[PDB]
*Asks:* 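Quick one: structure below, then a few questions.
All residue numbers in this chain count up from 1 along the given sequence. Looking at the header, which is where the method is noted, we find X-ray crystallography, 1.6 Å. Both counts, for ligands and for their atoms, begin at 1 and track the order of listing.
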Amino acid sequence: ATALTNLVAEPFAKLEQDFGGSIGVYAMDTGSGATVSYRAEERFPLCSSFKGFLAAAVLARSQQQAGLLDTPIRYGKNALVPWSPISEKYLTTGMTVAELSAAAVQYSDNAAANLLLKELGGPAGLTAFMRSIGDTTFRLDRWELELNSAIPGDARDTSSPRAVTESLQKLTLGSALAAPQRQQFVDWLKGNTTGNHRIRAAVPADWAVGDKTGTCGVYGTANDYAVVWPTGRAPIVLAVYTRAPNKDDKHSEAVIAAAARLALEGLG
Ligand SMILES: *C(=O)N1C[C@H](NOS(=O)(=O)O)CC[C@H]1C(=O)NNC(=O)[C@@H]1CCCNC1
């Protein structure tokens, strides 16, 4: 007999009831192949969460272009947009691709993301990268900060929890990247600073987590995806995305953490 997915799903529906919006979740146990899935194929805005995949695309490019990560990007004052706390410190010198990648992932730096997008051929180049690993759902169409509009019914700048989880697994645990690049992606995710109240809040403190968050600031739209390494166990990959119908519907980090907890608890 197969899983009773109605029973797996029920607590997400109650959670999203109180939240006033939609919650989408996919979780993969790479030990058993067990999954938990709730609106897992619906589209949600990526917001800043595309930046993890951007860092992976940079790493892929570095496989073809020796020393790419070492390359300085010396930018002007018009690179600087709000929520760029690292790239704003280094206007007088520039930053390396590696530093920009770390800042995009770990501080969600907007200008760093835009600079790296430019290096990879814009939103379309990142999307092409995702298509190269078999992700047909992911799309990045716009730049920072327009990509955060999160307009209900707009497919631009969205993915699904399932596609995000599958692509994250391929890139962090699978061999989609060479081993050095894969470990670098994992290390960047593990050093994220913005995720303490989201998936990480649902995970025992002695288990390593890498994650990337997103918060569009409108339409109750926010998210997190992660790899979790339980001690002496196969890792778990999961994604939690939210959205809501009114522009002034609040996002909730507590709802993300609660959903993560329901997904992690429900595996296998
Ligand atoms: C990403 O979604 N970002 C970047 C930054 N860090 O948040 S997170 O760590 O990724 O969650 C701040 C949130 C956000 C972002 O760029 N905010 N700005 C905006 O989205 C504009 C203002 C608010 C309305 N949308 C446009």
*Asks:* Which drug or drug candidate is found at ligand 1?
*Replies:* zidebactam (bound form)
*Asks:* Supply the name from UniProt of whichever chain has more contacts with zidebactam (bound form) than any other.
*Replies:* Carbapenem-hydrolyzing beta-lactamase KPC-2
*Asks:* Of all the non-hydrogen atoms in the protein, which one sits nearest to atom 11 (O) of zidebactam (bound form), and at what distance?
*Replies:* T215 OG1, 2.6 Å
*Asks:* Can you tell which part of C216 has a heavy atom less than 4.0 Å from zidebactam (bound form): side chain, backbone, both or neither?
*Replies:* backbone
*Asks:* For zidebactam (bound form), which part of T194 has a heavy atom less than 4.0 Å away: the side chain, the backbone, both, or neither?
*Replies:* side chain
*Asks:* Can you tell me which residue and heavy atom of the protein come closest to atom 12 (C) of zidebactam (bound form), and the distance to 0.1 Å?
*Replies:* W83 CD1, 3.4 Å
*Asks:* To which protein heavy atom is atom 21 (C) of zidebactam (bound form) closest, and what is the distance rounded to 0.1 Å?
*Replies:* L145 CD2, 3.9 Å
*Asks:* Any idea which protein heavy atom is nearest atom 10 (O) of zidebactam (bound form), and the distance to it?
*Replies:* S108 OG, 2.7 Å
*Asks:* Could you name the option among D224, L147, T193, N110 that has the heavy atom nearest to atom 16 (O) of zidebactam (bound form)?
*Replies:* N110
*Asks:* What is the closest protein heavy atom to atom 26 (C) of zidebactam (bound form), and at what distance does it sit?
*Replies:* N148 CB, 3.9 Å
*Asks:* Return the residue, atom name and 0.1 Å-rounded distance of the protein heavy atom closest to atom 1 (C) of zidebactam (bound form).
*Replies:* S48 OG, 1.3 Å
*Asks:* Which residue and non-hydrogen atom of the protein lie closest to atom 9 (O) of zidebactam (bound form), and at what distance in Å?
*Replies:* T213 OG1, 2.9 Å
